[PDB]
Student: 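Before I ask anything, here is the structure I am working with.
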Amino acid sequence: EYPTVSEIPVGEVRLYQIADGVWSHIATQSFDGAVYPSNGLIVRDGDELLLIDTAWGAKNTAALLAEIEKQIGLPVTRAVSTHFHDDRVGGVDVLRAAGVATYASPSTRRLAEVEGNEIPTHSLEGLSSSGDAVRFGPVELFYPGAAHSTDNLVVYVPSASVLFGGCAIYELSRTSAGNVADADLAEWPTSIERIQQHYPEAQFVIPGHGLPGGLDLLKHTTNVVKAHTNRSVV
Ligand SMILES: C[C@H](CS)C(=O)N1CCC[C@H]1C(=O)O
Ligand SMILES: [Mg+2]
Ligand SMILES: [Zn+2]
Ligand SMILES: [Zn+2]
């Protein structure tokens with residue numbers, strides 16, 4: 001029942017209720033002739049909403065805000081970007097123009113600036129060291145260490161046992177490495193194990209792209225990352 005990439009035209013966004021007060025948002029983009037889905041999160045924060053990640057681009061993110069207003073009807077007051085790539089910060093300006101306070105760690109903000117990407121306004125302190133966690137309203141933000149990117153955060157919703165792994169966690173259907181241009185392959189397995197150790201009670205695990213699963217997505221990602229690490233150049 002989870003929206004798949006073939007059921008969402010580029011430019012459109014779907015919302016999927018994972019648990020009470022927790023949705024994922026699903027959008028798509030074309031890259032090199034293939035179409036990819038991308039997930040973020042929406043978490044109820046009292047009578048407001050906390051958004052995790054843009055919908056991968058300005059047009060998708062405007063659609064995301066319109067869909068949230070249509071389907072949930074609560075204001076998005078804050079957004080957190082979980083790393084510096086365009087599926088996480090692309091659309092920050094749209095959020096900012098709609099009165100959303102945008103947040104990212106200093107490490108994400110510096111990497112976004114280096115890349116020429118959009119830069120969230122606010123800085124999330126207390127996340128610079130692997131294993132650091134901070135509360136952000138109804139979620140905990142956790143920096144597991146470098147993995148898919150040096151700045152990647154994961155987001156845990158304690159009330160719902162939902163772990164948003166972002167692009168550090170692969171869906172099961174991905175059996176070869178995705179974008180690793182900014183990754184720390186050497187540290188990625190260790191960072192995943194930090195997630196396991198910190199959230200062993202997680203019941204829903206949402207990857208940055210593709211179908212949700214459980215904590216099995218973690219060891220699956222480790223297996224894929226190690227296979228890529230050991231690729232043989234002949
Ligand atoms: C824009 C995103 C950031 S994680 C990306 O690089 N993706 C999306 C999944 C694969 C890979 C790609 O370049 O296609
Ligand atoms: Mg696997
Ligand atoms: Zn990424
Ligand atoms: Zn991604």
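Position 1 is the first residue of the sequence, and the numbers go up from there. The figures here come from the full heavy-atom set of this structure, side chains too, leaving out hydrogens, waters and symmetry mates. Whatever order the structure lists them in is the order used to number ligands and atoms, beginning at 1.
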Student: What is ligand 1 bound to here, taking the chain with most contacts and naming it as the PDB entry does?
Tutor: Metallo-beta-lactamase type 2
Student: Specify the drug or drug candidate modeled at ligand 1.
Tutor: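 Recorded as L-captopril.
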Student: Mind listing the residues near L-captopril? I'm using heavy atoms under 4.0 Å.
Tutor: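 At that heavy-atom cut-off, the site is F31, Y36, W56, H85, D87, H148, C167, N179, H209.
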Student: Considering only heavy atoms of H148, which atoms of L-captopril have at least one such atom less than 4.0 Å away?
Tutor: 4 (S)
Student: To which protein heavy atom is atom 1 (C) of L-captopril closest, and what is the distance rounded to 0.1 Å?
Tutor: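 Among all protein heavy atoms, the one nearest atom 1 (C) of L-captopril is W56 CZ2, 3.7 Å.
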Student: In the PDB record, where does chain A come from, organism-wise?
Tutor: Pseudomonas aeruginosa
Student: If you have a sec, work out which protein heavy atom is nearest atom 10 (C) of L-captopril and how many Å separate them, to one decimal?
Tutor: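 Protein heavy atom at minimum distance: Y36 CE2, 4.0 Å.
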Student: At what distance is the nearest protein heavy atom to atom 3 (C) of L-captopril, and which residue and atom is it?
Tutor: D87 OD1, 3.2 Å
Student: Is there any other ligand or ion under 4.0 Å from L-captopril, and what is it?
Tutor: ligand 3 (zinc ion), ligand 4 (zinc ion)
Student: Among all the protein's non-hydrogen atoms, which is closest to atom 14 (O) of L-captopril, and how far away is it?
Tutor: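 Sorting protein heavy atoms by distance from atom 14 (O) of L-captopril puts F31 CD2, 3.3 Å first.
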Student: What protein heavy atom sits nearest atom 11 (C) of L-captopril, and how far away is it?
Tutor: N179 CB, 3.7 Å
